[PDB]
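Note: structure shows avibactam (bound form) engaged with Beta-lactamase OXA-48.
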Amino acid sequence: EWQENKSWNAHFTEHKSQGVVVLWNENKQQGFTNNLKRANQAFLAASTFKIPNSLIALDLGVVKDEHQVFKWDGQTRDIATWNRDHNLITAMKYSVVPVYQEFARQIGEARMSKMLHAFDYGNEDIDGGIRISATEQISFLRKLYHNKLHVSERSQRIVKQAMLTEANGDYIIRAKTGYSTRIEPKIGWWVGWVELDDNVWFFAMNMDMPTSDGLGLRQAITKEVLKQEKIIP
Amino acid sequence: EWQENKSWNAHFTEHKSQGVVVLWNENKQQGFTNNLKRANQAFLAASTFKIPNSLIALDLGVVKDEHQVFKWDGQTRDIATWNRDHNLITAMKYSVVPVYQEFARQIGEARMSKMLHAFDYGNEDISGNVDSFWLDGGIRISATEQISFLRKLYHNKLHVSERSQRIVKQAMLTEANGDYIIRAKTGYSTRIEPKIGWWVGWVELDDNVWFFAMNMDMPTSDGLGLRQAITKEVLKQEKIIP
Ligand SMILES: *C(=O)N1C[C@H](NOS(=O)(=O)O)CC[C@H]1C(N)=O
Ligand SMILES: *C(=O)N1C[C@H](NOS(=O)(=O)O)CC[C@H]1C(N)=O
Ligand SMILES: [Cl-]
Ligand SMILES: [Cl-]
Ligand SMILES: [Cl-]
């Protein structure tokens, strides 16, 4: 079922980094990773939690649709793109914590907890202190892709639209980045999938990310693994 | 409201070409074109008809969802990518005429006509073969009418389900990066003169949407890439895309 291909470690050491990439070939129901241990370690979800939070906000009506505006509160924060109005699409694009904090307040602790349980999300059992492994990310995302989660079809299609990250004639990537900072080890996340004409390859990676300047490596290393496996040109 | 910008013709003449680009700025409700007259001239929809066709097929249940497979019928056709199975996503990507001619037959004349009137689509005339009227029948639509139709799709205001509308917009996905998303559909009218090339859709920005529609004289297939290239040259000139 799962195969460990340590040759991928080269793409982490090339950039003097340590981390994991987990791939899942949907057609063949086979998985691949460079590090079976780290594939199954649970790290803090950080921004990748915006995926279940979006779904829950939509299904409960807290977010009416992807065009609804969420006004900046006029408090300047360190990330300039946050200091403006947003809709669901822009808020995911720029990973706008204060907007998603608001969704969570309105959702409330009790319903948030009931729905993450319906989703079987994270390792924890019952980022709001949610730990989740890369392989657990894939399993959650496979449910999203197939519209199997316990929310409406509409909520799931809207979130998949908001995860749109890249598209050309060769592939479509839906995905979400994350950077976990408040507890060592500081790590970057990138989770999602790449759509091809007649297959889907799910992915989930995280990597030690001590500073901040390395954050591009999250996509870059993931793509080197995809190119090595001829999943993308 | 409407403004003519003739400077855009340089992009056509530099390719020895004639055509029109129309742009609609959604926030400001203003339009821009190099040729008001040709913007309002109605042509055969050709493969741009796959948008309304997809919507109707989905709403009527002819297409269950974007994963349903339409097996190739064994008949080897000229375009190699047509000679294989498809779903709605791939069928739109490769503009797979025979899949859509099957849709049209299942839809039938009456429901196709009724729907196009509900859509207020072009001249709403399906006269001819039900599975080719958009290629060599009576249907006619202008660039400004494509935009008007696309804007109704963009706001989920067509008289079909929201779901139908969301699935079709997924299948129109063409390009996406950190700067913009293009949802569009190409066309090439080839059977009835004047031969023209189409490209219609929109550019999603963070805080605005620019709808577009261009057609251009297309004597030969050698120039088909110009549809996108001229449109992007206009978009770059107007600082819509880098
Ligand atoms: C998510 O983990 N966060 C929100 C924001 N950007 O996340 S992303 O670029 O990795 O997608 C900043 C970092 C981080 C946070 N401050 O909690
Ligand atoms: C649509 O106008 N057509 C279908 C097919 N797609 O070419 S496209 O790249 O312009 O969409 C070939 C051209 C044309 C046709 N001959 O039916
Ligand atoms: Cl929104
Ligand atoms: Cl999409
Ligand atoms: Cl429907």
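For reference, chains are lettered A, B, ... following the sequence lines as listed. The numbering of chain A matches the PDB entry: 24-149, 159-265, in order. The numbering of chain B matches the PDB entry: 24-265, in order. When the header is checked for method, it gives X-ray crystallography, 2.2 Å. Numbering of ligands and ligand atoms starts at 1, following listing order.
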Open item on the list: I'm trying to find avibactam (bound form) in this model - which ligands or chains should I look at?
Closed with: ligands 1 and 2
Task: Other chains closer than 4.0 Å to avibactam (bound form, ligand 2) by heavy atom - done: B
Open item on the list: I'm trying to map the binding site of avibactam (bound form, ligand 2) - which residues have a heavy atom under 4.0 Å from it?
Closed with: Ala69(B), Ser70(B), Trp105(B), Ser118(B), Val120(B), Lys208(B), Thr209(B), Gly210(B), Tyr211(B), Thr213(B), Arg250(B)
Task: Atom indices of avibactam (bound form, ligand 2), in the order listed, that fall short of 4.0 Å to a heavy atom of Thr213(B) - done: 16 (N)
Task: Shortest protein contact, atom 8 (S) of avibactam (bound form, ligand 2) (heavy atom only) - done: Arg250(B) NH1, 3.7 Å
Task: Subset of avibactam (bound form, ligand 2) atoms that lie under 4.0 Å from at least one heavy atom of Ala69(B) - done: 2 (O)
Open item on the list: Okay, covalent or not for avibactam (bound form, ligand 2)? And if covalent, which residue and atom?
Closed with: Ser70(B) OG
- [ ] Cross the UniProt beta-lactam-binding annotation of chain B with the residues having a heavy atom under 4.0 Å from avibactam (bound form, ligand 2), and give the overlap.
- [x] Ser70(B), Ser118(B), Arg250(B)
Open item on the list: Could you tell me which organism the entry lists for chain B?
Closed with: Klebsiella pneumoniae
Task: N or O contact, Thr209(B) vs avibactam (bound form, ligand 2), cut-off under 3.5 Å - done: yes
Open item on the list: Show the atoms of avibactam (bound form, ligand 2) that are less than 4.0 angstrom away from any heavy atom in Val120(B).
Closed with: 4 (C), 17 (O)
TODO: Can you sort out which atoms of avibactam (bound form, ligand 2) are near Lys208(B), meaning under 4.0 Å from one of its heavy atoms?
DONE: 11 (O)
Task: Polar proximity avibactam (bound form, ligand 2) side, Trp105(B) side, N/O cut 3.5 Å exclusive - done: no
Open item on the list: Would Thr71(B) count as a polar contact of avibactam (bound form, ligand 2), with the cut-off being nitrogen or oxygen pairs under 3.5 Å?
Closed with: no
Task: Polar proximity avibactam (bound form, ligand 2) side, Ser70(B) side, N/O cut 3.5 Å exclusive - done: yes
- [ ] Among all protein heavy atoms, pick the one closest to atom 15 (C) of avibactam (bound form, ligand 2) and tell me residue, atom and distance.
- [x] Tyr211(B) O, 3.9 Å
Task: chain B: UniProt active-site residue nearest avibactam (bound form, ligand 2) and heavy-atom distance - done: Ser70(B), 1 Å
